[PDB]
Every structure is written in C-alpha cells, then in structure tokens.
Amino acid sequence: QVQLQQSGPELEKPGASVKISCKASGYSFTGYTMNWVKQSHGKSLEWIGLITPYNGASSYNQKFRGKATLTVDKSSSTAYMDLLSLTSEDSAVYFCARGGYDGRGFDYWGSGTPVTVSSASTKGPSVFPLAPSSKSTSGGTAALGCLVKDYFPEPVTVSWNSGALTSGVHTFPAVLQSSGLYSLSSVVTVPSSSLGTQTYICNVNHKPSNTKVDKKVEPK
Amino acid sequence: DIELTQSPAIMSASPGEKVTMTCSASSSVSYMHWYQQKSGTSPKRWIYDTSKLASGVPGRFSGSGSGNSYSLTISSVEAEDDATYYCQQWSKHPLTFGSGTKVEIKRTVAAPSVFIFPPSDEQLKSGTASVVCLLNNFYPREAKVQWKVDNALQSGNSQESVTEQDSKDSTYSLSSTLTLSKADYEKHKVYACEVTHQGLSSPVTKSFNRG
C-alpha cells in the first residue's frame with residue numbers, strides 16, 4: 001500500500017531554517033508528483049508547490065518562492081522541503097501529498113509535520129495522575145486520567161496501556177496557559193470493578209523535547 | 001489566485017438527512033476536487049474530477065457542478081460523516097483550496113456526566129494546584145461550568161477545553177481546569193464545580209473537601 005512517512009515535529013528560532021522529509025513507499029516514486037501543503041491553525045490549506053521526482057524540477061506558489069525549496073533523494077525515495085528565514089507566520093502543519101500526471105488530485109497524504117517557530121526553548125511535560133475516586137465514580141463507571149502540564153511546543157500524543165485501551169478515551173486539545181506553555185488532559189472511563197485489578201498507564205509522547213513519560217494511575 | 005468560497009461554513013445535520021455544501025469560485029474552473037479531514041488527522045481525497053469517488057468513499061457521497069459553482073452532497077448523513085470538507089481547484093496556477101465546510105451531526109440531547117479530580121500531592125509539592133472538572137458525553141456542545149471554593153464564585157483562574165464530536169455517539173466532552181497556588185489551595189476546604197446545560201433542569205454540582 002502507498003505510505004508517506006513524514007519527519008517529526010520541530011521547534012525553530014525565528015530566522016532559522018528547517019528541512020522536513022517525506023519517505024514514500026509502496027509505489028514507484030518517480031511515477032507521480034510530490035506536493036507540499038501548509039495547514040495553518042488547523043484550518044486553512046495552502047498549496048506550496050510540487051516536484052516531479054523523475055527529474056527534480058519543481059513548480060511553486062509564488063507566495064512560497066524563496067520560503068520553500070523542494071528536492072528529492074531518489075535512492076531512498078524521499079522528498080524534502082527546506083523552509084528558510086522562519087517567522088512566526090510559518091508555524092503550521094506541513095503535509096506532503098502524492099499527485100499524478102492525470103488530474104487525480106492528491107490521492108495520498110503524509111502524516112503531517114508540525115513546525116513551531118519561537119524564540120522559546122522546548123520543555124517536556126510534567127505528568128500528574130487524575131486519580132479515580134468516589135467523586136469520579138457513577139453507577140459502576142469510574143473516570144481516571146492524566147494531566148499533562150507545562151510543555152512546549154505542541155504537539156503531545158497520549159495513549160493508554162500502550163494502545164491496548166482505546167474505548168472511552170478522551171484526550172482534550174491543549175490550552176495555551178498565561179505562562180506560554182501548553183497543558184492538556186487525557187481521561188478514560190472504565191468499569192469501577194476493574195480498579196483493584198486492572199493496571200492503567202498513560203503514555204505521553206513529546207517528540208520536540210525527545211521525551212516520553214509513562215504514568216501509572218491508581219485509586220486514591 | 002482563484003478564491004474558493006465554501007458555504008455554509010458550518011452545517012449541522014440529523015442522520016438520514018440529505019445535505020449539500022457548495023464551493024463558489026472567483027472565476028470559472030472544472031473538475032473540482034474535495035477532501036475530507038477529521039480532527040487531528042490528515043486530509044483524504046474524497047471526490048475528484050468533480051464527481052468521481054476515491055476508493056473506500058461511501059456511495060452516499062456525490063459531487064457535481066459547472067462554471068464557477070461546485071457542490072458536494074451527502075444523500076443520507078451518517079454519524080461518521082462529521083468532518084471538515086475542503087474543495088480544491090487545479091484550473092489555474094497556483095492551486096488553491098476552499099475555506100472548508102464543517103459538518104456536525106445532530107443527535108438527541110444528552111446531559112453531561114460530571115466528575116471532579118483534586119490535585120495530586122505530587123503537583124502540590126511543586127507549588128501549584130490544578131483541580132479538574134470533567135463533563136462527559138453530552139450534546140449539544142454548549143455547557144456552562146462555574147467553580148466555587150468555600151462557596152465563593154471563582155473567575156479568571158480556569159480554562160476549558162472541548163473535544164471534537166465523537167464519530168460514533170456524536171457527543172462532546174469538556175474539561176475545566178481551576179489553577180491555584182499551593183498556598184491558596186491549602187487555605188480553603190470545599191472545592192465545587194457547578195454545571196448547567198440545556199438538558200439539565202437544575203445545576204449539577206460535584207465537590208470534595210480537601211482532606
């Protein structure tokens with residue numbers, strides 16, 4: 001199957017540059033185009049430009065000429081985009097997407113690479129339990145969670161029991177605090193009877209600070 | 001650049017309803033494409049060349065249009081259709097996308113279940129106390145949380161976050177976090193979050209006594 005694997009989230013200072021990558025697999029790299037798209041504030045989509053891997057030629061949205069430079073490494077079937085002279089306006093999620101020579105639109109998209117531009121340094125999160133109690137119990141259901149506090153920049157991902165617990169999980173969008181740091185929580189509802197027997201661990205991934213935290217959450 | 005204006009910006013539909021969203025272009029185009037994006041995920045090609053469905057796209061979706069006006073229709077909406085839909089043109093350089101139409105799914109009103117969590121001792125050690133109120137699985141999205149500490153209404157010291165609509169039961173959840181200094185937290189006894197909502201005929205209060 002077609003897969004487009006992009007590089008992880010980035011933090012960069014204003015004025016700096018970053019190179020992001022898209023490793024393509026499951027198809028013949030040079031038979032298709034590679035496009036790059038910017039999504040700002042989780043909403044507006046803008047087309048940056050494209051490259052035809054067979055010869056490395058590229059075509060740009062003039063708005064992004066000199067902001068973005070597209071290249072490819074045909075050996076590893078990887079496409080790259082360099083973003084130069086970063087400013088806060090460049091903070092966004094960047095997608096690579098496969099196109100065709102036959103008007104097919106963008107038929108497969110990469111996972112997206114968040115880039116945050118800031119003079120502030122990265123900081124990994126503190127993780128605290130949201131412990132189940134009688135005040136988080138109701139008719140044989142209990143809620144528990146973890147509070148993921150004071151990290152920078154976005155994003156953080158959270159799983160429970162290494163992905164084996166998904167039913168009833170809610171992971172909230174982060175809020176930006178007055179301190180300039182983010183926080184979020186992730187909660188799950190589980191059967192009250194399981195609290196004495198079942199282990200619940202939240203797994204918190206913060207790639208920008210190269211940190212992962214596992215936190216066991218217990219009653220009381 | 002060709003500007004693509006999508007309407008409505010936000011739509012709310014009951015399951016089983018036919019709905020149509022529109023992409024209006026600032027000049028003529030052809031063979032419009034459409035993408036679906038769910039929260040926290042990458043867009044997927046949905047309809048392309050005006051009316052062709054991508055692999056795996058349900059048959060209730062269709063696309064049509066001509067001139068400067070293109071449309072995406074869902075013949076009978078399902079709960080899983082909640083997403084933002086974007087049109088995209090490739091008639092002139094540069095390629096451009098529409099502003100998006102966000103589709104929300106209607107369901108019967110559901111009042112929230114409310115839970116409250118005191119701060120952990122571990123966090124207190126470090127000088128800060130976060131008290132968390134959870135409103136779980138409610139509809140519609142609008143709800144109101146008030147914090148009271150020893151019966152004094154709190155303002156300016158809480159923040160809320162709301163999940164996107166659940167693709168299976170179409171409900172929302174919300175968290176409200178009250179942040180205090182350790183010293184301020186250890187000054188008071190009773191911590192309460194008071195919740196109101198269209199589907200509650202009187203407020204729901206969850207509370208605890210520090211200790």
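Letters A, B, ... are given to chains in the order of the sequence lines, protein chains preceding strands, and every chain is numbered from 1.
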> Which drug molecule has been modeled at chains A and B?
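PDB records name it MORAb-009.
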> Curious: how does the deposit label chain A?
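It appears in the entry as MORAb-009 FAB heavy chain.
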> Any idea what name the entry gives to chain B?
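In the entry: MORAb-009 FAB light chain.
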